[PDB]
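Fluvoxamine bound to Sodium-dependent serotonin transporter.
Going down the sequence lines, the chains are called A, B, C, and so on. Chain A is numbered as in the PDB entry; the shown residues are, in order, 20-237. What you see of chain B is 21-234, where the numbers are those given in the PDB entry. The residue numbers of chain C are those assigned by the PDB entry, with the residues present covering 74-617 sequentially. Below, each value reflects all heavy atoms present in this structure, side chains not excepted, and no hydrogens, waters or symmetry copies. Ligands are counted one by one from 1 in listed order, and the atoms in each one are counted from 1 as well.
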Amino acid sequence: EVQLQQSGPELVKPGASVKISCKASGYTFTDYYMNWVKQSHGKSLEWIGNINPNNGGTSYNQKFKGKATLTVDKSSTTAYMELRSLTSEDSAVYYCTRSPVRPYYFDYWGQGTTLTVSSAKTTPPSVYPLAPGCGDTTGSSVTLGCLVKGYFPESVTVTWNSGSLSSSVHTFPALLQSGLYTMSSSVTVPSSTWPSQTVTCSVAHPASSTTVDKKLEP
Amino acid sequence: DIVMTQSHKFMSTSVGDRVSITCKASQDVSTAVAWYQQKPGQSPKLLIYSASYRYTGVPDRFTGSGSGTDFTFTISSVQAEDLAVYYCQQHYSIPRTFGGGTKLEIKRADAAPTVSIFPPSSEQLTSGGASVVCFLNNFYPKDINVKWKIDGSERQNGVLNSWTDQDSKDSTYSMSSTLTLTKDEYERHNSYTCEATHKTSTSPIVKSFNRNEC
Amino acid sequence: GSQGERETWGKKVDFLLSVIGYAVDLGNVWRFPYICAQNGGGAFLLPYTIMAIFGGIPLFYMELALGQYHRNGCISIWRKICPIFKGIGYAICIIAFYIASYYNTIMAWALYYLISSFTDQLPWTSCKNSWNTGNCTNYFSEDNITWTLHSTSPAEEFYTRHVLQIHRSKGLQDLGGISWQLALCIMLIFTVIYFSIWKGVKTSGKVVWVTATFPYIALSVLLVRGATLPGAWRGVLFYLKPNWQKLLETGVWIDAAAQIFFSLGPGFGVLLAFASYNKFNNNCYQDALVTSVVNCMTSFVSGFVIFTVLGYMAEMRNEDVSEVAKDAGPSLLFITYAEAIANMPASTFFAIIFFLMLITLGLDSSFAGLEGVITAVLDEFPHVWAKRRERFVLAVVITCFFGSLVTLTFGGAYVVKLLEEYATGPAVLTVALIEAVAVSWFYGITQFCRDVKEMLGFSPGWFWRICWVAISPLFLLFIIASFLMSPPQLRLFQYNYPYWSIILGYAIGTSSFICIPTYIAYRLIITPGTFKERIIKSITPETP
Ligand SMILES: CC(C)CCC[C@@H](C)[C@H]1CC[C@H]2[C@@H]3CC=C4C[C@@H](O)CC[C@]4(C)[C@H]3CC[C@]12C
Ligand SMILES: COCCCC/C(=N\OCCN)c1ccc(C(F)(F)F)cc1
Ligand SMILES: *[C@@H]1O[C@H](CO)[C@@H](O)[C@H](O)[C@H]1NC(C)=O
Ligand SMILES: *[C@@H]1O[C@H](CO)[C@@H](O)[C@H](O)[C@H]1NC(C)=O
Ligand SMILES: [Cl-]
Ligand code: NA
Ligand code: NA
């Protein structure tokens, strides 16, 4: 129904600018206010400002006056928010959310946009398989896993066999060190599908656009 | 402006308990309070609007009350999928502000951490590194000790503990202890061992493997 | 022989309420509460009095003294002070005509709103009418509603699409034609003002008894009504909440100065004409003092009359009275306040007294507005005029009707804004400055204090001499300079005025005072001899 598709993650150097999009569908676009909410890592929501789609009637927050610039395009029903003079504080997840005039609630939100403001080079992730040893006791379930080492920024996706099956996958949060992230994933699958069939972990890095696929081998 | 104050940053409850989150505002609000739900890894979801009214597509178990400055969001029957961070927001005066957020953690019985040790793969030995991995899956609560043993000696350098968020099905935490080492040092030691100390049992779970081609 | 001396007023109270009635109008009711709420709240009370004590009161009293002492019109008084400045007397006249082109049409609206309030069911409550669109959403309707960018309320629909009919014009470019309803209404108004002026100061002095006393009664009823309404404290809080950080901004001082100038209204020839008809030994000091202080107090209680009801309206909706009082115009009374009245018991009553209050708020000021011009013209062309007063008064009322046809159009509100902000304002401030300068720096402030010493029996204090000499001309100069340095960008009813609107406003503004420089050049060009002898016989009053 009502869908708000924002742009992907953005890695931009400090001092530059970045534009985030917001494609709306499923409702009369000229009927609702378009908003932008900034959410910092581990922080609360922060209303940036709204914009009237009929004429571009912007209304910013005093904390974001001169920080964010909201625009709108009626020809394609798409909203935009641009951020200039980027610092470490701007590295956060930004949302664009629909809202009526009264009562002013945010009924539908976008998926968010992970913004990373840093001068660090986009490092491709090193995908190393984490296979159980050959001397372990194969019980009713074996625990497999894959390792991702050295990448930037926090834009990575570790999938397992095109999402089938994934009823026991544990993904561990990435840890940042010496400017590079490092994370790991595991999956508990029964002993009646391994190593008979093909179980392959896929590691995608949208920031560096690098997709390395590694198959687990005992 | 308006300051929405949530005193309790964290609240513990169990599956099936009655849980209520409070929201304190700066000035009088009448009935202009909205309650949003943000599941870990998802976008915020609107649940309550105008103090008490529920939005379309929200189960009946989510309620709202309050009239003035202090408001309360109440859940009668907590489900496993109700695990999320809850926010309150005023919608009368410009600008619209939000609360600090109350991460609702679920309390349950203790669970034994399944410990699994893993030898460095050949692709990493090819690159010129070797990392022994110790996974601790499905336990409760979050408090758990992880001790490393390369060859019986308590290893402390190069250990990284990563705790995941609570689960939304059975409410069990999971963590990963990573021991990152070089290839030259890996090909000079054979049987690695990681042990975990939890409150379910006094004896730490000990896992070991051999480098000599397992 | 023949005429000789002029007539005089019937009673002290008549002139005391005539000047109060002219001073008190719509702006006291709604302009003062809005500008007071959004510019520091209660702290706006501080510069409003300062701009009064130093700017408003000296011009008001100095104008009332010159008028009650010399007993001449707005034109002939300059022949006896500074002949070259006789054009001033003409400028104001032209100014009045512009004001009268719209200020009455406004009253017409109230009148059309008043005659439509005799129905048991008020038109702006339901949406099942012949003028509402599909966006019309009203109350006593299913709860849970949520307002949309295109949704409108029956009150907003009623003002926008029925009485004003502003949707039938595309802006200043295309606004024709004329609505016959508001033409008949404004004709009725020009008739109720006709029989109150045609006889002279006698009828405008008998009608003032009602026009000046009714608004306080209506304001009292609306006050004790709105004070009893639940949640009315929010509007009072937003009305009186001190925001001392606003006082640091140089804008609120200019707002207070302008507000107290137009509210006091010196420099218009009204106080001159009203003061002309009075006793020579009558006191002038106490009169001016009392009248202004009432004009402010009346504004002060009117603030509560508005903000109790708007506070109730913010309580029924969801707070931040700034949200419900965003629009600063007739919509605050005809839409916001009207929609709030419609949701109260005995709505017919509070509507009749509300619109009737508006009409009586306007009437006293249009009475005086005309009184000054009529007195001026009859005194400048005597015995060529005064042959009958009814003839001239009729020619003025009719002229204003034909002059209001531009305002009676579908796009009349656009013309109202343009004339009220870009034309009349800067010109009245200008001519007030010119008058204040001529009386203070040409005729001599010392001789003025001696004339007051002759009339009232005592010379004015040093506080007033020092105010007329320096404080008042700088008081007007500040407002004029502030406006000319940054004219406000005009917007009305989701319609931004074209960029050339200021040129039209300035065009209308400049065509008003072409007479003072062309008349200075005219009289300066007519008197023979050297320029020093012409300006010496032109600055010094006539010898005999
Ligand atoms: C009363 C008299 C003396 C004022 C005349 C001044 C003239 C120059 C002013 C007054 C009104 C103005 C016009 C108002 C309307 C329009 C229509 C617009 O599409 C182009 C600008 C234009 C054409 C303006 C041009 C300048 C203008 C013609
Ligand atoms: C520019 O508009 C402001 C008018 C100020 C004088 C006035 N009314 O204000 C009353 C003071 N509180 C006024 C001026 C002219 C007329 C006229 F009758 F001439 F139209 C009516 C009222
Ligand atoms: C209020 O309005 C929405 C329409 O957007 C409707 O779907 C909803 O069911 C209504 N009621 C409540 C209690 O939210
Ligand atoms: C409601 O208003 C919008 C613009 O304000 C207009 O486009 C629409 O046609 C209107 N609806 C109806 C039913 O007329
Ligand atoms: Cl006032
Ligand atoms: Na006044
Ligand atoms: Na009046």
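Counting repeats, the structure shows fluvoxamine at ligand 2. With a cut-off of 4.0 Å on heavy atoms, the other chains touching fluvoxamine (ligand 2) are C.
Per UniProt's numbering from the N terminus, the transmembrane segments of chain C showing a non-hydrogen atom under 4.0 Å from fluvoxamine (ligand 2) are 1, 3, 6, 8, 10.
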